[PDB]
Amino acid sequence: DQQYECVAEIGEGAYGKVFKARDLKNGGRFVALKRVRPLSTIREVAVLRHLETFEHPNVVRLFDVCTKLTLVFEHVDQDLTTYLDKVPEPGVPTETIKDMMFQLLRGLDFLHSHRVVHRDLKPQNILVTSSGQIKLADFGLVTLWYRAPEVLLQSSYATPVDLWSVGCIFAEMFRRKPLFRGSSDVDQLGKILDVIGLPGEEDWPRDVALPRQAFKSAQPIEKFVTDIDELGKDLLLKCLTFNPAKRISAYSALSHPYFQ
Ligand SMILES: CC(=O)c1c(C)c2cnc(Nc3ccc(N4CCNCC4)cn3)nc2n(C2CCCC2)c1=O
């Protein structure tokens with residue numbers, strides 16, 4: 001659009017490239033824009049232009065949709081990735097991990113309550129403002145490291161998909177490196193079960209291509225996620241529960257003694 005001007009390139013990918021641009025009309029503020037190169041997809045934008053009306057403090061603001069499209073949003077300074085890349089030793093402060101995780105679950109509880117699933121939650125799209133405020137981005141239409149077991153298996157794809165990704169990002173917050181760094185669904189699933197263990201046959205998805213009988217003893221987490229309290233250990237384990245039905249929800253997670 002002519003109401004905006006491209007200065008730099010934020011990110012590239014299959015979904016299309018997003019750019020940092022100057023919103024000349026609105027006091028030359030920095031805005032993030034992404035193009036698109038038509039009936040059941042009308043909903044996607046109707047849910048976002050609606051989600052917008054609640055202006056949740058932990059989700060990127062949308063500014064406009066122009067025409068073949070141009071999507072303008074709020075520009076955030078950096079992501080969680082480059083945030084972790086610059087934090088001095090011995091990593092992120094206990095309280096900084098606990099705070100940023102709250103803002104993450106709030107934005108997740110907001111999206112879930114409004115029947116929205118992120119589906120691709122990674123540090124690359126968990127943005128962080130100058131003030132240090134978490135903003136969820138890259139939703140309302142690679143790296144399997146954050147993919148949930150059931151997505152990998154191709155069974156369910158419901159809201160517990162993001163609670164796995166959050167336990168993966170919660171670990172990476174301490175560790176400062178991906179917990180499960182697989183290279184294929186089968187490799188990912190593997191590396192996952194090498195840590196959490198083989199779940200009971202009762203929790204394995206009934207009727208899927210990959211059987212339980214194709215993989216492991218449960219390993220303690222304090223080994224892989226170094227200096228984490230028994231409370232954070234309790235929360236992250238509930239986040240990383242094989243059975244999506246047993247996996248904690250952002251709403252019960254927002255309650256947990258870890259934030260008390
Ligand atoms: C489509 C989006 O929701 C969206 C928005 C609105 C956005 C806003 N500010 C960003 N701000 C950032 C975040 C990081 C950078 N750097 C990119 C170059 N390397 C250093 C970090 C620059 N700007 N980045 C944004 N993204 C990126 C997240 C991952 C994919 C693109 C987005 O998807």
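Sequence positions, counted from 1, serve as the residue numbers for this chain. The header says X-ray crystallography, 2.8 Å. Any value given below was found using the heavy atoms of this structure, including those in side chains, with hydrogens, waters and symmetry copies removed. First listed ligand is number 1; within each ligand, the first listed atom is number 1.
Looking at ligand 1, one finds the drug palbociclib. Per UniProt, the macromolecule making the most contacts with palbociclib (ligand 1) here is Cyclin-dependent kinase 6. The region of chain A touching palbociclib (ligand 1) is mostly the UniProt domain Protein kinase. For chain A, the PDB entry reports the organism Homo sapiens. There are UniProt ATP-binding residues of chain A with a non-hydrogen atom under 4.0 Å from palbociclib (ligand 1), namely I10, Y15, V18.
Within chain A, the UniProt active-site residue with the least non-hydrogen distance to palbociclib (ligand 1), rounded to 1 Å, is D120, 8 Å.
Within 4.0 Å of palbociclib (ligand 1), judged by non-hydrogen atoms, the site holds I10, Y15, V18, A32, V60, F73, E74, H75, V76, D77, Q78, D79, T82, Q124, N125, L127, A137, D138.
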